[PDB]
Amino acid sequence: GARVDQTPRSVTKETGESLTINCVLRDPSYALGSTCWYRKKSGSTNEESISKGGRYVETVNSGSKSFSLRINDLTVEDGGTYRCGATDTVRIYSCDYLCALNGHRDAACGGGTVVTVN
Amino acid sequence: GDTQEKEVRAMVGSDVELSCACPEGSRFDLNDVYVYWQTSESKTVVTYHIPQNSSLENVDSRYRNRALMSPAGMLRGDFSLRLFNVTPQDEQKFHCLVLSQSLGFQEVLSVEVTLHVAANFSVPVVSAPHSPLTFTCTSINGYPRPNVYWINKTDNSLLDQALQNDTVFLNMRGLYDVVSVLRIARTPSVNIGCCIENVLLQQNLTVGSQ
Amino acid sequence: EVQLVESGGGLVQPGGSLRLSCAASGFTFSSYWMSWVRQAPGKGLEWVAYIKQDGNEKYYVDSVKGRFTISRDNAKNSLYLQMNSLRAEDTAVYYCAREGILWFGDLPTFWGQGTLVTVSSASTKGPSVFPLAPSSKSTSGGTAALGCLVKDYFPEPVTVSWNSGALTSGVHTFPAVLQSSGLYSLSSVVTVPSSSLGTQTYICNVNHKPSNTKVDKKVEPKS
Amino acid sequence: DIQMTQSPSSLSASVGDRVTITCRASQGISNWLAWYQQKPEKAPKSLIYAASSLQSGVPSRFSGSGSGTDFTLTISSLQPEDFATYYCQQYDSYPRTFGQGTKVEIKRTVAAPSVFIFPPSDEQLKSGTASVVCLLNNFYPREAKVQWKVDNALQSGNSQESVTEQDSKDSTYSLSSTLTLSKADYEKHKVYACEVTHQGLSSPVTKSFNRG
Ligand SMILES: *[C@@H]1O[C@H](CO)[C@@H](O[C@@H]2O[C@H](CO)[C@@H](O)[C@H](O)[C@H]2NC(C)=O)[C@H](O)[C@H]1NC(C)=O
Ligand SMILES: *[C@@H]1O[C@H](CO)[C@@H](O)[C@H](O)[C@H]1NC(C)=O
Ligand SMILES: *[C@@H]1O[C@H](CO)[C@@H](O)[C@H](O)[C@H]1NC(C)=O
Ligand SMILES: *[C@@H]1O[C@H](CO)[C@@H](O)[C@H](O)[C@H]1NC(C)=O
Ligand SMILES: *[C@@H]1O[C@H](CO)[C@@H](O)[C@H](O)[C@H]1NC(C)=O
Ligand SMILES: *[C@@H]1O[C@H](CO)[C@@H](O)[C@H](O)[C@H]1NC(C)=O
């Protein structure tokens with residue numbers, strides 16, 4: 001229904017150097033309403049919400065209709081798969097249920113980003 | 001230009017039938033007719049019937065046990081599909097296709113059914129706080145997005161949209177909620193109400209401020 | 001009824017490009033698998049390429065990968081095959097085809113008529129028509145043979161009829177042969193009664209569409 | 001990605017005989033096999049689909065058979081119109097793949113050829129070329145040898161021959177052999193002859209003419 005596409009799909013970065021994940025809300029969606037970031041740990045295959053601010057920095061351009069996450073001072077166990085969730089000109093109460101809404105015309109999670117740090 | 005185009009309004013959590021049928025009469029053979037229900041945009045296969053035994057599993061997990069046709073209906077010329085548990089995530093165009101083996105594998109029927117899903121909002125709750133003038137209105141669990149109006153009950157006119165503050169929410173379950181905060185200068189005997197319209201259902205619900 | 005009409009074939013030099021269009025009618029184009037098959041002259045049928053309804057999954061022949069591309073437009077009911085850097089091995093008749101719907105093919109393939117593609121450094125040439133005149137040597141026991149030799153044309157095909165189609169009995173038109181130069185040549189012959197040689201005028205008419213050449217030839221006997 | 005092996009690649013059967021063609025797949029197919037018939041310079045025609053079900057407009061003597069890996073196309077009573085090439089195609093999975101094809105010739109009684117010869121035209125000589133044509137009409141079998149002699153000198157390499165399909169009613173062939181020379185070569189020598197050898201001829205036949 002609604003779609004968000006992630007880049008890059010797989011990246012490996014040197015320890016101590018920042019990494020940037022970009023997410024775009026494809027047309028004909030009007031504008032961004034809210035942006036949620038997520039990560040899962042390699043073992044349990046369950047996702048957890050990434051708290052914005054601090055070490056995790058997000059940049060959003062409304063005119064661009066795109067948002068980015070920048071990780072800093074990378075640790076080796078920062079690795080896993082990362083998803084991003086977006087929504088079209090509406091808002092949500094919690095980031096818990098966003099990806100749970102698949103094919104909805106106003107909510108969509110990205111494709112995923114596999115990160116491995118050495 | 002298809003043989004038939006249809007819109008179907010369906011309620012969330014209900015059983016819906018998307019009709020793909022001939023003027024019923026026992027004139028179709030199961031061993032002869034090939035029927036295909038497939039999404040129109042993604043082209044994925046929702047369901048199907050062929051005379052040979054089918055592996056199935058072709059249907060993605062989305063529609064596997066929630067979409068069905070009737071064999072007796074097929075024999076009457078009724079190839080309608082029955083969805084069982086509608087969600088706002090099914091709002092998409094579908095396509096039915098019927099071919100005959102007795103005929104040159106020819107299309108006896110091809111229809112497109114645009115499925116619009118909807119859910120009715122709750123009756124509004126209006127509050128009367130104040131300032132040196134402020135009204136809030138709340139409704140939940142509707143689909144699709146709602147339009148909200150503030151009605152002057154004295155002359156049954158509509159207050160201007162610029163005077164209201166609208167905010168739409170997408171809750172879990174995939175429905176919509178709304179909050180409208182209306183600010184208007186003080187006047188004697190404010191008799192007004194909050195109207196919330198579900199455009200697809202052509203239904204409005206309204207509560208006044210006492 | 002189901003109709004698949006190919007277009008855009010003909011002659012291209014080695015290393016050239018060519019796009020084949022296939023206009024469809026009589027079925028819901030967007031719902032079926034689409035395919036291109038080809039057949040080299042005298043060789044078997046070899047599938048070229050396949051495309052799924054949306055167009056994400058595509059299948060090509062090893063001989064073809066990296067050079068051709070299938071596209072499809074369900075809005076306009078048309079299928080396309082783009083050929084680049086064509087070689088002589090690609091010279092063949094190309095059929096547009098409608099396949100099944102399911103993941104495991106279910107419907108038999110429905111065939112177009114074919115368009116034919118010739119990749120050759122040679123150029124388009126109109127045929128030269130010469131008469132094989134009936135005489136004492138080409139007669140026996142009430143039967144005489146006469147004919148029409150159509151040589152040095154390119155590319156195929158030519159159509160040869162006799163007396164504007166009226167004469168169909170005892171007519172043999174021989175398959176075209178690829179001459180050492182790369183141009184085609186064929187012969188058409190008829191067996192008529194001896195009496196006709198003096199009384200009935202025989203015309204072989206040859207049409208070569210690739211060169212837009214229609215020829216009518218009077219095959220007069222040598223007396 | 002699936003491989004079809006068709007056998008035989010060629011055969012000959014007399015009219016009214018029984019013909020059998022087998023098709024084997026690299027892996028298991030579930031009746032998802034079609035059989036096509038193709039006449040020369042025509043598109044393939046669907047004979048059978050789904051292992052053994054005839055398409056509309058196919059005579060009942062055509063029979064399909066088989067399941068799994070082994071399939072059979074059977075012609076009950078062959079008819080003079082059945083000369084063609086037959087293919088088996090699997091549509092179990094994409095890509096759909098074909099067999100190599102089976103050519104079918106029709107067996108009939110030995111028929112001798114009628115032989116004729118045509119000299120070059122005045123127009124072709126005006127152009128500077130000379131083509132002489134040898135015509136062999138309504139013979140069987142297809143095996144025959146035409147040899148060109150110019151002044152009793154064997155000519156090789158400067159000739160090419162073509163053979164038509166089997167006739168639809170008597171199943172006989174016709175061959176045209178063209179001996180091509182420059183105008184100079186045509187005027188230098190005097191006598192031109194083609195010598196035909198065939199199984200139906202007790203002795204070799206010679207057709208000649210002298211000109212130029
Ligand atoms: C709703 O409409 C009524 C229609 O009369 C408004 O009534 C007011 O009436 C007094 C005297 O009768 C006028 O002086 C006011 O100007 C009227 N209001 C307006 C906006 O013109 C009533 O005020 C309206 N209520 C609201 C909240 O607009
Ligand atoms: C059912 O169909 C499959 C193909 O999908 C085939 O392989 C299998 O043999 C069939 N089984 C039956 C008819 O019992
Ligand atoms: C209907 O589908 C939703 C989708 O997640 C599910 O949560 C709900 O329990 C279903 N209700 C039924 C099957 O009654
Ligand atoms: C909501 O809409 C439905 C339409 O199906 C209607 O039957 C129902 O009465 C409406 N809600 C209320 C509270 O009346
Ligand atoms: C009015 O709408 C704006 C839109 O951003 C919202 O932030 C604000 O909370 C609303 N209410 C007031 C009183 O500003
Ligand atoms: C309320 O619903 C009716 C349909 O019954 C429609 O005519 C009207 O425009 C809607 N909105 C209002 C009254 O503000």
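The sequence lines fix the lettering, A, B, ..., with proteins before strands; numbering per chain opens at 1. So this one's X-ray crystallography, 3.2 Å, going by the header.
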Open item on the list: Hey, which drug is sitting at chains C and D?
Closed with: prezalumab
Open item on the list: I'd love to know the main binding partner of prezalumab in this entry - how is it named in the PDB entry?
Closed with: ICOS ligand
Open item on the list: Can you give me the letters of other chains with a heavy atom under 4.5 Å from prezalumab?
Closed with: B
Open item on the list: Can you figure out which chain of prezalumab has the most heavy-atom pairs closer than 4.5 Å to chain B? Thanks!
Closed with: chain C
TODO: Provide the organism of origin for chain B from the PDB annotation.
DONE: Homo sapiens
- [ ] Find the UniProt domain of chain B that dominates the interface with prezalumab.
- [x] Ig-like V-type
TODO: Find all residues of chain B with any heavy atom within 4.5 Å of prezalumab.
DONE: B/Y34, B/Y36, B/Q38, B/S42, B/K43, B/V45, B/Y48, B/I50, B/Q52, B/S54, B/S55, B/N58, B/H95, B/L97, B/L99, B/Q101, B/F105, B/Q106, B/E107, B/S110
- [ ] Tell me which residues of prezalumab have heavy atoms closer than 4.5 Å to chain B.
- [x] C/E1, C/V2, C/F27, C/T28, C/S30, C/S31, C/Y32, C/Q53, C/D54, C/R98, C/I101, C/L102, C/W103, C/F104, C/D106, C/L107, C/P108, D/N31, D/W32, D/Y49, D/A50
